[PDB]
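Mepyramine complexed to Histamine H1 receptor, as determined in this entry.
Numbering of residues begins at 1 and proceeds along the displayed sequence. According to its header, the structure was obtained by electron microscopy, 3.2 Å. FYI, side chains are in, hydrogens and waters are out, and symmetry mates aren't considered; it's all heavy atoms of this structure. Remember, it's 1-based here, ligands and their atoms both numbered in the order they're listed.
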Amino acid sequence: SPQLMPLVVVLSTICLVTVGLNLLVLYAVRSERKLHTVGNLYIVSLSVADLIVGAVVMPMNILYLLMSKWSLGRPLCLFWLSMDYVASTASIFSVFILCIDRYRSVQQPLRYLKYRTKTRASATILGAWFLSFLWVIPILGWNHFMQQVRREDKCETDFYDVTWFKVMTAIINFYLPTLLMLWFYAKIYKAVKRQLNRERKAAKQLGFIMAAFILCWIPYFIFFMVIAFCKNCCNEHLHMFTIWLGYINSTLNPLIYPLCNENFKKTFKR
Ligand SMILES: COc1ccc(CN(CCN(C)C)c2ccccn2)cc1
């Protein structure tokens, strides 16, 4: 309808800045070579997840919004769902891994003075991405293992019509990472407040990532929490607004990176 165009054309700019800035960060870590550290490898994983979610989901979601009917074939809708889930889980597991390694490095090292090097970073990143693909394994094939889309148009997840699995997977994937990683961040806060500025800059960039991936995702997951128990509580506009708040998180992370530490500003200016 010729009244929703003003919102769609704005989303194109969001997509363009999302893909560009993550690619700019990957340019920074590849064309400067003064940032090949394990923590910067974790932020590279986070930026790769954000670049994937941008370059894949943003055009597909924009097309879905500007044309309220999916006729791009069933396999491609499943591919979009799988890549969206991969990117989102890879992001909130790369941030989880970064927080875990920060905590185990500021753990008053008494057991872990060993390698904090390419070995551990590679192992943990590959583990997180394999867990994301493990999530993808059942979503693509739903009827194959469990005998549970039945909709020619308006393609969505296969498990949209089941409440218990959706609630359980949302609770796990958000609450367990957010609670465990908040506990790790509070332990980091206490340990750093026991030593003590560069640590303050790192802690504040982690805190800004915290603010973005909490206050940008809470509306979406509270919408999942409320939607299952009452189908009268559904609002299409607010659902898309929450999903785009999550994508605003994904595009804010590349703005969190250079606004905190002075190393990225010089690497970006050139
Ligand atoms: C950063 O944290 C995350 C992690 C995963 C996701 C993927 N999504 C929905 C994603 N939407 C955009 C379609 C779900 C759906 C059900 C239960 C859990 N996550 C979102 C946010």
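Taking every heavy atom under 4.0 Å from mepyramine (ligand 1), one finds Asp84, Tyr85, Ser88, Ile92, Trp135, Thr169, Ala170, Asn173, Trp217, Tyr220, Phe221, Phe224, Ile243, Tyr247. Checking heavy atoms within less than 4.0 Å of mepyramine (ligand 1), the transmembrane segments of chain A hit, in UniProt's N-terminal numbering, are 3, 4, 5, 6, 7. As deposited, the model links mepyramine (ligand 1) by no covalent bond to any chain. UniProt lists residues of chain A as binding histamine; of these, a heavy atom within 4.0 Å of mepyramine (ligand 1) is found for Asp84, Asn173, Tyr220.
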